[PDB]
Amino acid sequence: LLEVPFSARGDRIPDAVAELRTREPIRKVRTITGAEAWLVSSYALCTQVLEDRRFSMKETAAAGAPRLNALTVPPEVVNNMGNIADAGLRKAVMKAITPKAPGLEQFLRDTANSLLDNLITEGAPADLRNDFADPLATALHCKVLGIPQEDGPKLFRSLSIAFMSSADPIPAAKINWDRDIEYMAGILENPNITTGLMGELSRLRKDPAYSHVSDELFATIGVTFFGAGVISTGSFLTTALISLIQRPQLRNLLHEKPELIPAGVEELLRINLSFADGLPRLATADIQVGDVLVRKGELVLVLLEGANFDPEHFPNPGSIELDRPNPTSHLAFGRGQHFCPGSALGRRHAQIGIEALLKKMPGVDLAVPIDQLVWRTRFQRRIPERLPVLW
Ligand code: HEM
Ligand SMILES: OC(Cn1cncn1)(Cn1cncn1)c1ccc(F)cc1F
């Protein structure tokens with residue numbers, strides 16, 4: 001059986017995706033747990049799966065379900081956004097994680113420029129992952145959640161294990177989770193926390209209307225959104241920076257015309273290889289997908305770069321084009337029921353980070369050969385451990 005994932009490299013799509021997409025856009029594969037799954041790799045079939053609610057995210061956590069990887073969190077964390085809705089906490093979460101919050105844009109700006117000024121002061125080479133993108137992501141999310149900036153680095157520490165993509169259960173993941181939860185639970189009891197998502201969650205927790213809502217859930221929300229948001233924005237910006245560095249005339253164009261930076265980031269999103277695995281769903285019924293009858297109880301993996309590099313939807317898919325007619329129609333944020341609630345913020349993080357970097361380091365380039373980057377393995381994202389650059 002063809003094994004997944006194909007490659008841990010986040011800088012280059014494997015040739016085998018284009019071949020697999022045309023001939024077998026749904027194809028049986030084996031996951032690292034040894035489970036069988038259906039890998040879907042065309043825009044047509046990927047959208048089908050994500051729009052069909054009978055292909056369930058929640059049910060991937062069912063006992064004895066075939067698994068893409070080992071659970072690193074309680075089985076109910078996989079249903080976090082549903083739980084959030086059922087508790088009536090939805091539009092509050094959404095309010096907290098909008099990039100439009102007064103002062104947030106300028107905070108991101110000033111934070112980005114300050115990180116860059118420190119790198120320019122220290123001298124090249126600079127590691128843009130550990131000393132720019134990830135610290136930017138972490139700073140942002142502390143702001144968003146209303147927790148102290150100095151607390152960011154320690155919560156960040158859990159993510160190299162929390163977002164592993166493991167064949168086997170991970171002892172450390174439970175230890176870290178319990179500790180982070182305990183942390184968030186204290187944050188909720190802290191009267192000084194009056195801003196951001198945790199400032200809100202804290203005041204809803206006092207109101208007896210929300211007596212039905214557990215303390216586990218409130219604290220879980222904080223841990224979940226921090227980790228998910230920090231890993232995704234930090235990881236996406238890092239590999240987006242590589243794509244940009246490798247396209248000097250695009251780098252030059254955006255530096256000259258910063259108004260095109262949103263169009264550039266949308267393209268960088270479309271071609272991004274940050275998700276290491278397809279998005280998993282469990283079929284809750286027998287459902288036809290292309291030439292395959294997917295059976296109740298079976299795992300399906302939605303390969304985002306399958307869809308995103310599909311020439312049937314995106315002409316010249318390997319090329320970054322700033323004048324595409326339907327540019328936001330990629331699947332980098334998913335589709336349907338579980339479309340990323342952080343997508344607006346994820347955009348602005350990348351847009352502002354890139355704008356800062358292009359202005360401070362207009363001559364940015366890799367300071368090592370591309371084949372020297374060390375790609376993290378058995379992780380839910382594809383990222384280089386370090387991104388050395390000069391300017
Ligand atoms: C460039 C940045 C980001 C990317 C590429 C990204 C990607 C994704 C994708 C592909 C999904 C759908 C997963 C699926 O359907 O199985 C998703 C869902 C989700 N994202 Fe993001 N995300 C990003 C930023 C963020 C941020 C900033 C946050 C929170 C602050 C966040 C929180 C979430 C949550 C809670 C879900 C689950 C939604 C649900 O189940 O209804 N993401 N994200
Ligand atoms: O954070 C996850 C996964 N995820 C991150 N982006 C898109 N999906 C769960 N997770 C898996 N390993 C560690 N954490 C998550 C977050 C919220 C949610 F509602 C579901 C969900 F699977």
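When a residue number appears, it is its place in the shown sequence, counting from 1. Order of listing sets the numbers, starting from 1, for every ligand and every atom in it. So this one's X-ray crystallography, 1.9 Å, going by the header.
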*Partner of ligand 2 with most atom pairs under 4.5 Å, per UniProt*: Mycocyclosin synthase
*State which drug is located at ligand 2.*
fluconazole
*asked:* Okay, heavy atoms under 4.0 Å: who's in the binding site of fluconazole?
replied: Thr72, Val73, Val77, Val78, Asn80, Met81, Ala162, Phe163, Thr224, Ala228, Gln380, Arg381
*Does atom 19 (F) of fluconazole have a protein heavy-atom neighbour under 4.0 Å away?*
yes
*Run the numbers for me: atoms of fluconazole, each under 4.0 Å from some heavy atom of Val78, listed by number.*
20 (C)
*Which fluconazole atoms, with their elements, are less than 4.0 angstrom from a heavy-atom of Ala162?*
12 (N), 13 (C)
*So, for atom 8 (N) of fluconazole, does the protein have a heavy atom nearer than 4.0 Å?*
no
*Report the residue and atom in covalent bond with fluconazole in the deposited model.*
none
*For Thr224, take its heavy atoms, then give the atoms of fluconazole lying under 4.0 Å from any of them.*
16 (C), 17 (C)
*Tell me which UniProt substrate-binding residues of chain A have a non-hydrogen atom under 4.0 Å from fluconazole.*
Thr72, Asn80, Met81, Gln380
